[PDB]
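In this structure, 1-deoxynojirimycin is found bound to Glucan 1,4-alpha-glucosidase SusB.
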Protein chains: 2
Amino acid sequence: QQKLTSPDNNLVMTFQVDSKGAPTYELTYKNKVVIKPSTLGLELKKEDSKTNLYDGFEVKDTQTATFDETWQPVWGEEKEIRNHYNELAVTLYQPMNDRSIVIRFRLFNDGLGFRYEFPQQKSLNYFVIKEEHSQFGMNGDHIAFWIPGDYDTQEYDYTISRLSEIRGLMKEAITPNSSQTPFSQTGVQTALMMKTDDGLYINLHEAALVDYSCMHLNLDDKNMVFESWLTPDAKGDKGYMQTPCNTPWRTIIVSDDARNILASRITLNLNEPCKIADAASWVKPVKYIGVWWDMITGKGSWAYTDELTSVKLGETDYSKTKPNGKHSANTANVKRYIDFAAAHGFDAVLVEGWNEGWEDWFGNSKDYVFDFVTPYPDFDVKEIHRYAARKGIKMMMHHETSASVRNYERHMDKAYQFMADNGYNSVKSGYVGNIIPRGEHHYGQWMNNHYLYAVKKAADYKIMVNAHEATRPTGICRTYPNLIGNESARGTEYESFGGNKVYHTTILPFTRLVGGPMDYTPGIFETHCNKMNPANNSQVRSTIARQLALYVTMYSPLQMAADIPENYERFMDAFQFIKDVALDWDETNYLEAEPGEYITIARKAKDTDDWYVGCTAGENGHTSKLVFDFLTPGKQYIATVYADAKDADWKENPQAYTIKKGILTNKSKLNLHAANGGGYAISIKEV
Amino acid sequence: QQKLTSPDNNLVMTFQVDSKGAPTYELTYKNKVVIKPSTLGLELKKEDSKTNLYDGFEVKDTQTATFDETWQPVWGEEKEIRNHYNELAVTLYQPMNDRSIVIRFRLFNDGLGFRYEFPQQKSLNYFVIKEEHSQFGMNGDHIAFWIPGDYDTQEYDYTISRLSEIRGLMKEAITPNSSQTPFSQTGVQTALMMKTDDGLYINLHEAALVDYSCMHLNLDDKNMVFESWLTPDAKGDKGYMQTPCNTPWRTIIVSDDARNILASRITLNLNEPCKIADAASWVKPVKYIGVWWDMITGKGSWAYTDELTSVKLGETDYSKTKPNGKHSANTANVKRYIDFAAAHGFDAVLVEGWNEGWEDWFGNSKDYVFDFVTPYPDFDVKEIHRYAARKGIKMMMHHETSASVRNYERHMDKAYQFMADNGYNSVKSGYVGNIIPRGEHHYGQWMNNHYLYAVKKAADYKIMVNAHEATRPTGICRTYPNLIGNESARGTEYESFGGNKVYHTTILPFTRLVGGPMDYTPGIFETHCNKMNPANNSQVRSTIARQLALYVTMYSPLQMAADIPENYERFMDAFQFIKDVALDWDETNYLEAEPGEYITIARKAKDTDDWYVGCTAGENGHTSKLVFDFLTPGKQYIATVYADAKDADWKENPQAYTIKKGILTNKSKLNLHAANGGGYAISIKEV
Ligand SMILES: OC[C@H]1NC[C@H](O)[C@@H](O)[C@@H]1O
Ligand SMILES: OC[C@H]1NC[C@H](O)[C@@H](O)[C@@H]1O
Ligand SMILES: [Ca+2]
Ligand SMILES: [Ca+2]
């Protein structure tokens, strides 16, 4: 039996093979069982004994090591991250197939990562995975914060329930989406967050998802065991491998303090170091607005014309079509956004609907759907470039692919060259619809390769990428820091489609944000969508002060202010917080955190002595007793508090807020109350 | 009921809608039934009554027209082709679905073409084909010359049998291949050739296979009706369509003279005119030798080293590996081939195994299998280029993809740029293995798009393409004349893998060649492969003189002399015919033709007064009584006859030949005998 312990001696992992040679591990934290005895292994597709990569193993060799080094991300929640673990690598020989694998375990003070490694050898070269069988056996019927396991979307509201209740709730939890493939009545996605009856918080996830299919979890709800369930390709297979190769890491992050789940950097720590040598010279955080919410609410259109039943690029002559009078991506309107962005200190303006093809973009399984380079007649690329550059603004490129992936790859070098030629150095991509090639899913090994290919190629052009609908992140930004965002979860757009649950932003930082930032597009001040489009009666489940808080509580180096300029102009005093808030941080302090209920975070803006605080709360609101002892002794600060007014409420009174300005020091304390679906934001600037 | 008749009144096509509103057609030739009443229509994938595009139609309108214009191919069997037909277009309206299609019929003196057309309209825009239901009802249990219906290979020997015998022969007709998907016990490929008891020859095929899935034929052997059977995608669907759009043409070529099947230009006539405006300036025929037969026989290797269990491009350092002593694509060897090519008036030298990756090329479903640009340590790209240039020789590029198609697309512009930068202006591509993306077949709509994308992109680079394993041709060379070849049928390589049937080359011109030329790689003089590789006991099923004949009887603007130079050196007198024979023709006269038995053809070399003749024969040999009245009155010609010796035989005495030189005029006659698996060749040069 092998035993591995954390540097602080609080976690212990024990490993051994059972009497049939099945690799088995368990994990305790402060003498409490976190992972009951659980097996590890894979089943291979038949080309018989060779399909078995799950038992019949003997421990052939073991190697231990300790690692303790600090490194600096290009952008992040703090300036420096420490990577400190004890490691055990176990070489497992399978006599019946004359082949070996290695399982490598890295144990941190805040949890465990493991992966399988497949050395090059005479009897293991090319192989296909039928299923991975990594188990995570739970010690109780925990509370879980989960979304349905699905090969194609993550755009679901979270459910909070016991593990035993998942099966009963799955049908209701799967809401409609134009591309979705659930796989089990007890399947959930990663990162999965849980709260135990004996006071632990446990997060199950993976890190460094490269050259492999995305992992979901399937629950055996009799034994309370989660098991890896990979995403199949068009033929049902779960990964083409060639040695030497490795699986991604699988992680169990655990603490008796929920704040320490947010603090963990295990996911980043398990990714390969930055491979973009000059990254710091060109990768930069971006605060932006955009021509966007018009189309999301239905006020405006992405399409230039309504008169055609379909379009064929390079045949359809848009100069001969009638403008529909709703096309928001027109030069004059874009210039007005550039004006507002420059006036208020934003870095960029996104424009969607700029290019030919939007008439057919949705649900047609169309191959040649966009060319990514040809503008509509009312979008003057060169004039918009020149005007933005003169005003100090960068335009952000939009590459919706409509999930037509061969089409995007064929156009990608020309599309990136077009960006370089026209002053665009960041692009928001998207993959709406069922994947083409047809039969593949959004999160299979094939598409994972695509998303990273797009990122690696972008890096060669010094382009930053934010990909909507892509596989959810697993820390690869460490390796490729030009991946500055994904959506890859249910974002603010769904506040226009019926709403997100009130507690949504009190869960995302414990789940989605583990592995990388989200382009959540916060900042809606007019929360009634019917003021944009009288036919849309959706209401954003937030107060205005909570929207402000999200600039601190939804971490990202890429931050949109998503409302339209005229709405911000109606509340310019509150808007000041969005203008002031930083995007990049030297320190972060998690002040309060309870998943599904509240999150309060203070961050120190990079290369400054200034701090920003946000709190976001769920259905029951939250009372904070803040203590400002993280400020510098002897310094005075000008603090501006943006808070819910008394009786603010996301539903009945969302726009009621107060703003109070005064002096804070490290001796200050403030009592603040977040409303139902409310929150607060504080700027704290050194005098 | 509508009647359409050929210009010469010999053929009549009758069309009507039947009682249930199914469009049906029939065809007669000289008062003999060719096609019995047969239905037309398609079934669509469900998004109920909208799935029906096969009945419930009524005739809304008809238009007739006559077309009679001549055009000139860039390269071909003659200088000018006449396109002369009577047309009927029927507009068919479907009340229950409020939509219309058009079926267009073109009737020539030698057969019928039809296609379906789908106009843009309110109720037919995007749709997916479940099956096409084009019927061809036969009037009898004909003799057919067929290969098994298959979505992935055409590399089968032909079978000659009655239609009623196909079922019982299918199992034995399907021989092993690395990628094959047969679909029916009575499924066959097109072009399908038949001979009827009442003296007709009937060929069933398609033309202009663009943006659509390849058609095979499935035989109802109780009623003798063939029906279109399209190639499914990874999900089983049979084509994504968007109006306005058309199916390919379906063709019935018929005559009571088998020579007239060979003379038909229906397939080319039904393709769109040339879209490469400057094609005449850079597209040109190519006679070549190659570093190739070494590897096909096993004498030499494509791989550089035998040391590695697999390779990772960009990681494996070949300069640190041991040469295997068998790698034929080495500079010195390549220079000896260039020497031979230049000494004997060849245009080009193909080299295979020049680039990194060949250690892994076969059967591994490997994604990143080649980069198409990085040479092995022993292949000096620049020196070979300089040396070839000094000798007036062009190198022919090789792009085997190992069926990894995303990989080839991602590299394609870099690969074509590397060709341009290094003086390569033609490329032989290949698709050996099951297709990646996995789940697709070689002949589905998805891959058909790929092969044409490769050709269209090549045209932008002024590059000519010869693609092995691609979908078999349907006349698209007319539209893109830089498609100078495919294999896409069983070629000479199989003569090294056990042999082709003796009658193979007496069938190919009636089947495979209809739609475009084949890179058959004739010219094997040493027909016992065991002299290349003693472990290889394969024997080419040919005499030497029949190999000479193939330069005339297997038409192609791309002609290999496939043997190694040292073998040609042994038989240099016979090699003279290969040296002399032209590649491109002002006229072709089909002298004798019976499928499966013999084919004799005379052609006039373009821009000359010289003629070349070849005869290829089956198992029984063939006696020819040639009459040279196609020569010019009053001219004398120097004729050289390369013929089988009287005791020649493909098996027992293949290298026995005679060469006779003398004078011919248009009054001359020659009696010649082709041996079993033999033939003869004649050069006829004006004094
Ligand atoms: O690309 C169109 C639309 N697709 C979905 C993306 O999430 C949204 O932000 C974008 O506006
Ligand atoms: O590309 C390797 C090999 N594949 C099959 C092709 O038909 C053959 O000509 C070529 O030599
Ligand atoms: Ca989305
Ligand atoms: Ca081949």
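Chain lettering follows the listing: the opening sequence line is A, and each later line takes the next letter. For chain A, we keep the numbers from the PDB entry: what you see runs 22-68, 87-726, in order. We number chain B the same way the PDB entry does; the residues here are 22-68, 87-726, in that order. The way this entry was determined, per its header, is X-ray crystallography, 1.7 Å. We count ligands from 1, going down the list as the structure has it; atoms in each ligand are counted the same way.
- Location of 1-deoxynojirimycin, all copies: ligands 1 and 2.
- Within the structure, the other chains placing a heavy atom under 4.0 Å from 1-deoxynojirimycin (ligand 1) are, by letter, A.
- For 1-deoxynojirimycin (ligand 1), the atoms closer than 4.0 angstrom to any heavy atom of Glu526(A) are 7 (O).
- Comparing heavy-atom distances from atom 5 (C) of 1-deoxynojirimycin (ligand 1) across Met334(A), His507(A), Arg529(A), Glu508(A) singles out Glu508(A) as nearest.
- Checked by distance only, 1-deoxynojirimycin (ligand 1) and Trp400(A) stay at 3.5 Å or farther apart across all their nitrogen or oxygen atoms.
- An N or O contact shorter than 3.5 Å is missing between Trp397(A) and 1-deoxynojirimycin (ligand 1) by distance.
- Ranked by closest heavy atom to atom 3 (C) of 1-deoxynojirimycin (ligand 1), the top entry among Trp332(A), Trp341(A), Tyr470(A) is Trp341(A).
- Interface of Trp331(A) with 1-deoxynojirimycin (ligand 1), defined as ligand atoms under 4.0 Å from a residue heavy atom, comprises 8 (C), 9 (O), 10 (C), 11 (O).
- With a heavy-atom cut-off of 4.0 Å, 1-deoxynojirimycin (ligand 1) reaches these UniProt substrate-binding residues of chain A: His437(A), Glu439(A), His507(A), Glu508(A).
- Scanning out to just under 4.0 Å from 1-deoxynojirimycin (ligand 1) turns up other ligands and ions: ligand 3 (calcium ion).
- Close approach of 1-deoxynojirimycin (ligand 1) to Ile335(A) is summarised as follows: ligand atoms under 4.0 Å from at least one heavy atom of the residue are 11 (O).
- Listed by atom number, the atoms of 1-deoxynojirimycin (ligand 1) under 4.0 Å from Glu532(A) heavy atoms are 5 (C), 6 (C), 7 (O), 8 (C).
- Per the PDB record, the organism listed against chain A is Bacteroides thetaiotaomicron.
- Of all atoms in 1-deoxynojirimycin (ligand 1), numbered sequentially from 1 with element shown, those under 4.0 Å from a heavy atom of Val471(A) are 4 (N), 5 (C).
- When the UniProt Ca(2+)-binding residues of chain A are filtered for a heavy atom under 4.0 Å from 1-deoxynojirimycin (ligand 1), what remains is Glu508(A), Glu526(A), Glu532(A).
- Residue-ligand proximity, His437(A) to 1-deoxynojirimycin (ligand 1), at heavy-atom distances under 4.0 Å covers atoms 1 (O).
- Nearest protein heavy-atom neighbour of atom 10 (C) of 1-deoxynojirimycin (ligand 1): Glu391(A) OE1, 3.4 Å.
- The residue in chain A annotated by UniProt as active site that sits nearest to 1-deoxynojirimycin (ligand 1), with heavy-atom distance to 1 Å, is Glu532(A), 3 Å.
- Atoms of 1-deoxynojirimycin (ligand 1) found under 4.0 Å from any heavy atom of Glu439(A) (numbered from 1 in listed order, with element): 1 (O), 2 (C), 4 (N).
- Where the criterion is an N or O separation shorter than 3.5 Å, residue side chain and backbone included, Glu194(A) fails it with respect to 1-deoxynojirimycin (ligand 1).
- 1-deoxynojirimycin (ligand 1) places these atoms under 4.0 Å from at least one heavy atom of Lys467(A): 8 (C), 9 (O), 10 (C), 11 (O).
- For 1-deoxynojirimycin (ligand 1), the residues with heavy atoms nearer than 4.0 Å are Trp331(A), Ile335(A), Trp341(A), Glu391(A), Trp397(A), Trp400(A), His437(A), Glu439(A), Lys467(A), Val471(A), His507(A), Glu508(A), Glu526(A), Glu532(A).
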